[PDB]
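Read the structure below first, then the notes.
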Amino acid sequence: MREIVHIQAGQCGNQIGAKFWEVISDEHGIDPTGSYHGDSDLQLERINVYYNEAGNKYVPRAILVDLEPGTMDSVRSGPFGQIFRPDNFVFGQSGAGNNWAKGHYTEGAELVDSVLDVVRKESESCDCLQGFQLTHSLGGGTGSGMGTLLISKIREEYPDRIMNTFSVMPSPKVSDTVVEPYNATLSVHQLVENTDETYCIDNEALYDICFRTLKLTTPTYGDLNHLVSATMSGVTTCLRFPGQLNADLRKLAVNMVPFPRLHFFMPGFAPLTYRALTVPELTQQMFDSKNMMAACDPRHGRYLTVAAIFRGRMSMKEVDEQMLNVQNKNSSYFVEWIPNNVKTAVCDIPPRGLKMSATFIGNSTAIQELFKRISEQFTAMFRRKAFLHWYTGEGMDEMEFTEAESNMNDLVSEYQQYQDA
Amino acid sequence: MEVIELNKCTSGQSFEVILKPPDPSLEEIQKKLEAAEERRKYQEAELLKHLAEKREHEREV
Amino acid sequence: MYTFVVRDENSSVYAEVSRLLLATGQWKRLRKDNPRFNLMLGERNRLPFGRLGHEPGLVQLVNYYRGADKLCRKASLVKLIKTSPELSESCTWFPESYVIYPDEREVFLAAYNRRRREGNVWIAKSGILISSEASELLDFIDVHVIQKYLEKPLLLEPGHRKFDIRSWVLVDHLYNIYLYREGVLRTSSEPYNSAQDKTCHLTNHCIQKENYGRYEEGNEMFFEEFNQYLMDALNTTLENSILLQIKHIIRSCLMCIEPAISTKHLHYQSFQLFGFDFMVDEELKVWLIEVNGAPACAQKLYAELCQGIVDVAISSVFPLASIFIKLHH
Amino acid sequence: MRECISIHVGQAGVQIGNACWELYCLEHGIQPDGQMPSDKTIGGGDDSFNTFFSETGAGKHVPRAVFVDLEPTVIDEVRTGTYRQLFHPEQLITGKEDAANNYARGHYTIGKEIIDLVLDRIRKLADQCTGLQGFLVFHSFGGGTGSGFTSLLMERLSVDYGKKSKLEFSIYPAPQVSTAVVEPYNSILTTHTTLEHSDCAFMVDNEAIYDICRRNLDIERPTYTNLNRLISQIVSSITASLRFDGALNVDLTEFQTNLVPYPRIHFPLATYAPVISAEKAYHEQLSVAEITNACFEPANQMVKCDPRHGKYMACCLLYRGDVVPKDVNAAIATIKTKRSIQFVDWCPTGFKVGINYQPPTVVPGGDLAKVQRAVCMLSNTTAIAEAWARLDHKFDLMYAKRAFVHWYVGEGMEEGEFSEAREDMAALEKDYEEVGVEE
Ligand SMILES: Nc1nc2c(ncn2[C@@H]2O[C@H](COP(=O)(O)OP(=O)(O)OP(=O)(O)O)[C@@H](O)[C@H]2O)c(=O)[nH]1
Ligand SMILES: Nc1ncnc2c1ncn2[C@@H]1O[C@H](COP(=O)(O)OP(=O)(O)CP(=O)(O)O)[C@@H](O)[C@H]1O
Ligand SMILES: Nc1nc2c(ncn2[C@@H]2O[C@H](COP(=O)(O)OP(=O)(O)O)[C@@H](O)[C@H]2O)c(=O)[nH]1
Ligand SMILES: COC(=O)Nc1nc2ccc(C(=O)c3ccccc3)cc2[nH]1
Ligand SMILES: [Ca+2]
Ligand SMILES: [Ca+2]
Ligand SMILES: [Ca+2]
Ligand SMILES: [Cl-]
Ligand SMILES: [Mg+2]
Ligand SMILES: [Mg+2]
Ligand SMILES: [Mg+2]
Ligand SMILES: [Mg+2]
Ligand SMILES: [Mg+2]
């Protein structure tokens, strides 16, 4: 029945994950008690993809993970806190101290088996498991360190299941600690090996969008998260609602990932949130760099593949025409050796508070700008071995950092190979 | 331009108008199918071996 | 914004057309192998017609008619005229020609014998030989066509010299036939000697360049002067004595092949520029020599013609934000 | 009477198969419950329509059809559709997860675990046949199941039914109505593996059906439902000789005899006319000469190409409706003097003609208008090689960078099979050429 199993690790992961379930629970007519109260059977046609059916109640197939209880205690008392299965809250007490080694090797190792037990119980009750999705940040310790540990354990036990991630990349503009480039560099290599899709959500881009476009003088993490939950809703629209597409995770990945390591996507959304947008405006916005959440200029690279889903009632002859006009405008920014690498899909159901919207999924080589940014911040500290004691104190060796640095530089050069090809 | 072989029936008729004159065995299939399954098994074993080396490192840290 | 690609860098005509398109600001050139184009300035040989018109939502146009080679190869033209009832072997404006492989060897000699007391001079070409004896022509070849050499050409004075007329013809996507108002005569600088020496028999621009430049600049006489000469010397106009026949020949050739090459209801569209080569005899009868599928232009006329191509052939399909005579049919 | 078993593979094959069997029932007067009043031999008979339908003691006429898909959503629409009573469970075979547009997944990984089951359900139908002719196989080129599992099935059918003929109805990939990018790989892979095993294949390019639906039916954005009802009409025209009394193409062997002189060149071009919108209140009914002339307009072909710049090897005209030989010959003579129709020097320059007086049947509430006469031309022209050139070129662009190749290698396929299939196609393109061909 094409089930998906959702995991959210750490502070960031649980806070964007909670908002994701709030958004789609509303789209599917599920209330904070898990009871259906919608006006269309389309809301329920693919409800099983993300929800288990209990007293006619729908329970998210979601596992909430953290190494400290704070953020999950806040989720349990949040708006939709009661719909999550209580047994799927798996948390420790010591915290991860924004330390990848604590999440990946010490504190996280003590908790990981417990998480996998819940993952197994959820996977066992799946008629046909599509795969997994993980929400997390790469700049902390739990989501980054333990999240990538979980991904490695899940691939060992489920090697033939898709693993996709929504990964929040750190930025000095929106930063908690200076060690974030260390944690992100260590995590990226894990994702290079063990995920089929990784949506690169850059906090720098989310901030710039909140400040310059949405005119929010002082964005909060909550403001950044409204952009993420909205993007996640769109990216999963074709899996959750009937329409043109009925592809599972594997088929979606096959047509988007031409090379196994270049699976890091630049997501986008339009309209950025009374005048309903025209189709030309939706199309022009979702290709504008200002609507992209990776803080990479697509004009500095080339698209390997592009997928875009349009939601709402609209003329699709008009969308096809506009997609042609924007491709002509950006003709030199698409590789010429993957024919017909720009695909479009439709869903009649729009998201809440919008008559129509569009979600952009780009597999662009410009994403190398993000990895180069992280690599430069990494090296700035690693030249002087600054703040390394937090990691060597947990058993890590200098060599592991040198290898992560080289792996990052190899990833960047592989993108530059296909940007010139 | 001659008409030939005109056949008529209750449902229709047919004719011709000439304008001018001028495998692998089951065994070999099962072999190739099994050869592909073993390449899958070998690649999967290399993944699990690679992951097992990762488990060793985690214990050493 | 419109897009186009260039696949024949050796084309002087369409090198100027690409420059003109770029200079409008509404045209943007892409790379040779980019398939998402509106206009293809394709190559001469093995143009991939089978890959045109299959890009969603793109109207595609190419500067060559698939199948027009049957008119622009010397051997194919002979076969086209003799086998097509529209033209027929009784064609009056095409010299008696025969195809010979290194075929029509028996029938060529039969008419050669019937001549032997008519003048019996022939020319074979695909590399050119003119001889009175057939055996020299047949043995010289060892694909070619043997064509009756016109022994009584119209000779310009002063000079007593030979020439041929080049006419440029544009056929657009609707199969409108446009004759460029301006032609050119490629004249011979040496005097015509009816008595091996091919300086005064062959009127090619290269053969003369290699008395050159004496009478007119570059052995290129244009219609204005050639007209005035016909009025002063022979008391007639270029229109009445020659152009009427030229227009008739151009229309006959192109309407004959229209059903074979027309892109009227095709998934892609074609246009093409042709170079018709004519010869005039002393009685002011026009003869078709050959048709060129990838012709060059005269230096003075590049600007005017290339602009005409864009206006009638390109902008006709892809509008933006006359020098031609329309041969109606 | 000799039976034919239809096999529908993948989403495209299943949905097209469902549209054909709907039309078949309407043409033969079979009701959704399977009852056929006009049939008086209850529970048996060797009539022409029995080549596609078996009969039960209760009077139900059951299609000799097997539907196979690696995921259930599409075949479930048959189990619950209008003609659910027509089939029975043993004819519908579903997996749990699909090939994900991956040939290797359909042929090797998932195909190995279901191939034996499919052959068993096919054997059950073959056991009810007094004299089986062979199989009609419906599938797409682009789908992982339509491409991967079909080629495996065709291999085993040549083993278990070495004497039976096999005809294909293949959907050629069009990006207008596809959200995939790997279909050039799957098309070349399945054509290479299936070529030796197919006697005659009818390619249908979704691009052509799409534009015919837009231009002639005034459908702004044709759906798969629109495309399939038009495709079913053309399939019906091709199989009508097998289901009705007649003398032309009365068995699968005649298709090869009349359309395929060279075995590898077994892809006839189909052209259909007239396609008339049902929204048009009244339309001027076209004459035999007009619909026959329309068989040579590229806009009406199932694959867009230019037969003027190729050579014919065979040409069959299949008329349905008010048509008589006199008007057919009159039209042919006129069309010879206006169209470029060149045959190969080693074939006769003629037309085999079949007429069935029953006019085309249309689905009530569909997009097609009823017409008094229609024609489907089957011509084996080398111009259809333009479709291979297009596909092979898209293959070359991606494979030069090994784009997406890891997906196929990851399922057990070897990189050598890619070049092995591409070289076979390069030879196929040359075979067509040998047959068809500053100043
Ligand atoms: N004409 C037509 N084409 C279809 C239809 N369904 C799918 N296609 C085409 O088939 C190709 C995709 O292959 P599918 O048949 O859907 O996939 P499949 O055979 O089920 O294989 P997998 O789903 O990958 O396991 C695309 O080019 C589609 O445009 C249909 O109902 N009618
Ligand atoms: N039957 C004929 N009678 C008289 N002169 C002839 C002739 N055939 C050819 N010529 C002369 O020889 C010249 C060259 O012959 P031809 O035109 O066939 O070569 P070509 O194909 O290279 C011309 P272009 O350079 O435009 O391609 C002609 O221009 C003409 O002057
Ligand atoms: N978008 C977003 N980013 C966050 C949030 N909380 C923390 N981050 C980012 O995540 C990183 C800190 O990781 P965090 O999730 O708090 O650590 P963890 O709990 O150990 O996984 C920094 O880069 C923060 O900018 C949040 O609610 N939203
Ligand atoms: C839980 O993880 C995911 O949701 N992964 C994921 N990958 C995707 C790739 C594409 C699309 C589309 O919407 C689409 C739009 C047009 C054409 C084809 C596809 C959606 C995806 N979702
Ligand atoms: Ca402890
Ligand atoms: Ca009966
Ligand atoms: Ca066989
Ligand atoms: Cl047999
Ligand atoms: Mg934190
Ligand atoms: Mg345990
Ligand atoms: Mg020439
Ligand atoms: Mg499918
Ligand atoms: Mg091989």
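Lettering of chains follows the sequences in order, A, B, ..., and the numbering in each one begins at 1. A fraction of the deposited model is presented, and contact counting is confined to that fraction. Both ligands and their constituent atoms are indexed starting at 1 by order of listing. Structure determined by X-ray crystallography, 2.2 Å.
Considering benzylpenicillin, chlorpromazine, diminazene, mebendazole, the one found at ligand 4 is mebendazole. Here, the chain sharing the greatest number of close atom pairs with mebendazole (ligand 4) is referred to in the PDB entry as Tubulin beta-2B chain. By chain letter, the other chains having a heavy atom closer than 4.0 Å to mebendazole (ligand 4) are A. Assignment of A:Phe360 to the shell around mebendazole (ligand 4) is not supported, since no heavy atom sits closer than 4.0 Å.
Summary of contacts: the protein heavy atom closest to atom 1 (C) of mebendazole (ligand 4) is A:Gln133 OE1, 2.9 Å. Closest heavy-atom approach to atom 16 (C) of mebendazole (ligand 4) among the candidates A:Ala345, A:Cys347, A:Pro267: A:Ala345. Residue contact check: A:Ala308 has heavy atoms under 4.0 Å from atoms 15 (C), 16 (C) of mebendazole (ligand 4).
In terms of protein heavy-atom proximity, atom 10 (C) of mebendazole (ligand 4) is closest to A:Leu252 CD2, 3.8 Å. Taking atom 17 (C) of mebendazole (ligand 4) as the reference point, the nearest protein heavy-atom neighbour is A:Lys343 CB, 3.7 Å.
Atoms of mebendazole (ligand 4) lying under 4.0 Å from at least one heavy atom of A:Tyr50, given by number and element, are 1 (C). Numbered from 1 in the order shown, with element, the atoms of mebendazole (ligand 4) that lie under 4.0 Å from a heavy atom of A:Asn164 read 2 (O), 3 (C), 5 (N). Scanning the protein for heavy atoms near atom 18 (C) of mebendazole (ligand 4), the closest one is A:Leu245 CD1, 3.6 Å.
The PDB entry calls chain D Tubulin alpha-1B chain. Near A:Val235, with a cut-off below 4.0 Å to any heavy atom, the atoms of mebendazole (ligand 4) are 4 (O), 20 (C), 21 (C), 22 (N). Looking at mebendazole (ligand 4), you won't find any N or O of A:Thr344 less than 3.5 Å from one of its N or O atoms.
As stated in the entry, the source of chain A is Bos taurus.
Scanning the protein heavy atoms around atom 12 (C) of mebendazole (ligand 4), the nearest turns out to be A:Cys238 SG, 4.0 Å. Looking at atom 5 (N) of mebendazole (ligand 4), its nearest protein heavy atom turns out to be A:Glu197 OE1, 2.7 Å.
Assignment of A:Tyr199 to the shell around mebendazole (ligand 4) is supported, since a heavy atom sits closer than 4.0 Å. The atoms of mebendazole (ligand 4) that sit less than 4.0 Å from any heavy atom of A:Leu239 are 3 (C), 4 (O). For mebendazole (ligand 4), the heavy-atom contacts closer than 4.0 Å come from A:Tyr50, A:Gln133, A:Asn164, A:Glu197, A:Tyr199, A:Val235, A:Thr236, A:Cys238, A:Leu239, A:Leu245, A:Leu249, A:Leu252, A:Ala307, A:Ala308, A:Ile309, A:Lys343, A:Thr344, A:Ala345, A:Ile361.
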